[PDB]
Structure formats: structure tokens, C-alpha cells
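Bound complex of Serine protease/helicase NS3 and glecaprevir.
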Amino acid sequence: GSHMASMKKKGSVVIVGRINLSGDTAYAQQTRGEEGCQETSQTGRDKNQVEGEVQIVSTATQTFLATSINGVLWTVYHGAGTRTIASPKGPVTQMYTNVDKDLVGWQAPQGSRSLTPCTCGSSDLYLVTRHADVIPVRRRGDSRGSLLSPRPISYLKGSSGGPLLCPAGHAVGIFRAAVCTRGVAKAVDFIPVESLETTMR
Ligand SMILES: CC(C)(C)[C@@H]1NC(=O)O[C@@H]2CCC[C@H]2OC/C=C/C(F)(F)c2nc3ccccc3nc2O[C@@H]2C[C@@H](C(=O)N[C@]3(C(=O)NS(=O)(=O)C4(C)CC4)C[C@H]3C(F)F)N(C2)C1=O
Ligand SMILES: [Cl-]
Ligand SMILES: [Zn+2]
């Protein structure tokens, strides 16, 4: 048995900032503080203006990234679970949910700009972190990319759901996991944009 009247309800994912890539410089902006975030998570009502392609998102327990591609705001399942995302009209239910791919997706919020899938097949990739780092990545497989310079896994923590981009800024994939050997990250694993387009069809 269970006491249903006391049964808690998980809050919504909340947009708390963005990675600005419109100008010549990449920098992160915070659009909502902790206090406002928690109330927005429980209300599901977020009246703030949304801009850009790469959002910073947070639950009450985790913070990560979400990327807009082909009208869908994508993130990772292990960060968002099955949660709604806050919006001006209230909590918005997931349009896509695939745990096998560690992928979820919502309707892209009004005011967001979607990235266009990459069609160049370039090996030179670039990972956008939550700190607005643009890290070069050499593509090694369908869902793998090698870090030109190995880093502590710390620097990539909280960047799942962020994008791997082509040289033209086209979306190549969604950062999902890291190839870690005892604390260091040598490569990254990502959801290919073609796997996104497969899920959408
Ligand atoms: C050792 C390690 C590096 C921690 C781990 N490596 C690893 O497993 O590599 C193997 C070998 C090559 C690919 C991968 O195959 C297994 C697939 C794992 C997965 F990703 F598909 C995943 N599916 C889930 C589905 C349902 C429920 C939970 C799931 N949990 C998963 O993975 C978990 C989480 C994921 C993670 O940390 N992602 C990142 C991140 O920043 N998250 S986050 O924003 O801070 C946060 C937790 C708030 C949301 C980008 C990496 C950053 F830190 F660099 N993990 C563990 C790892 O990366
Ligand atoms: Cl996949
Ligand atoms: Zn490209």
C-alpha cells in the first residue's frame, strides 16, 4: 500500500539560461535564479522569454542542457526523465521519449531558434558546453567523437543534452555520455542527428 494523498509529484524541467551563439563570441547567460527555478518547476508556468538554440535546463536535483533541432527541444533521458517542461501556458508533456537512446524531446518553446541538421559529413566537430566552451572533437563513429585534448570529466559534467556542431554550426548530435577512464574523458558519446531524424519519422 501507499498513502496516495501525500504522494509527491515531480516538478517540471525549467529553462534557467542559454548559451548565446548569435554573435562572434560564445558565452552563457542565466535567465532565472534558484528561487524562481524551484517555483517554476512546481508550477510548470514559465512566462520568461526564450531565445537561442541551446538552453540551460534544471530540475530540483540536476542541471544540464537542451538543444533545439527541427522544431524539437532535445535533451537526455537521464537528466529529464519523463518530466514536463515549464512553459507560459503550463507544463508541456514530452513529444518524444526513448530510454534506449537516452533521449527525450519537447515542443520547441516559442522564441527558440532551431538548429539545422548537418549534411557535410565533416570529421571536425565542436562541442558546446554549459560554460560556453567550444571544444574541438574529431568524429570517430556514428555516435563517438575523440577529444583533441583529454580533460577531467568534471569539465563536461552538466553538458549532456548540448550539441555537437559541424564547422558550419549545423547540428551533428546531442551530447549523451563520455568515454571515461578513471576520471579523465578521452572521447564523447552522442545521439546522432540522423538518429533524431529516425525517431521523428
Ligand atoms: C562514467 C560516465 C562518464 C559518468 C558515464 N560514461 C558512460 O556510461 O559511457 C558509456 C560508454 C560509452 C557510452 C556509454 O554507454 C552507456 C550509455 C550511457 C547513457 F549515457 F546513455 C545513459 N543512459 C541512461 C538511460 C536511462 C537512465 C539513466 C541513464 N544514464 C546514462 O549514463 C549516465 C549519465 C551519463 C553522463 O554522465 N552524461 C554526461 C553529463 O554531463 N550528464 S549530466 O548533465 O551532468 C546529468 C547527470 C545531469 C544530467 C555527458 C557526460 C559528462 F559528464 F561528460 N553517464 C552515466 C556517463 O557519461
Ligand atoms: Cl542513438
Ligand atoms: Zn556540417
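Throughout, residue positions are numbered sequentially from 1 according to the sequence presented. Just follow the structure's listing: the first ligand is 1, and inside any ligand the first atom is 1.
For glecaprevir, every matching ligand or chain, copies included, can be listed as ligand 1.
Looking at the UniProt active-site residues in chain A, the one nearest to glecaprevir (ligand 1) by heavy-atom distance, rounded to 1 Å, is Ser160, 3 Å. Of all atoms in glecaprevir (ligand 1), listed by their number and element, those nearer than 4.0 Å to a heavy atom of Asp189 are 13 (C). Lab note: most residues of chain A in contact with glecaprevir (ligand 1) fall in UniProt domain Peptidase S29. The shortest N/O to N/O separation between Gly158 and glecaprevir (ligand 1) falls below 3.5 Å.
Around atom 53 (F) of glecaprevir (ligand 1), the closest heavy atom drawn from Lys157, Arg144, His78 belongs to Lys157.
Atoms of glecaprevir (ligand 1) found under 4.0 Å from any heavy atom of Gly79 (numbered from 1 in listed order, with element): 49 (C).
Residues touching glecaprevir (ligand 1) within 4.0 Å, heavy atoms only: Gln62, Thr63, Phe64, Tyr77, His78, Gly79, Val99, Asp102, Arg144, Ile153, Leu156, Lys157, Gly158, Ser159, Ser160, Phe175, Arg176, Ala177, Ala178, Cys180, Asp189.
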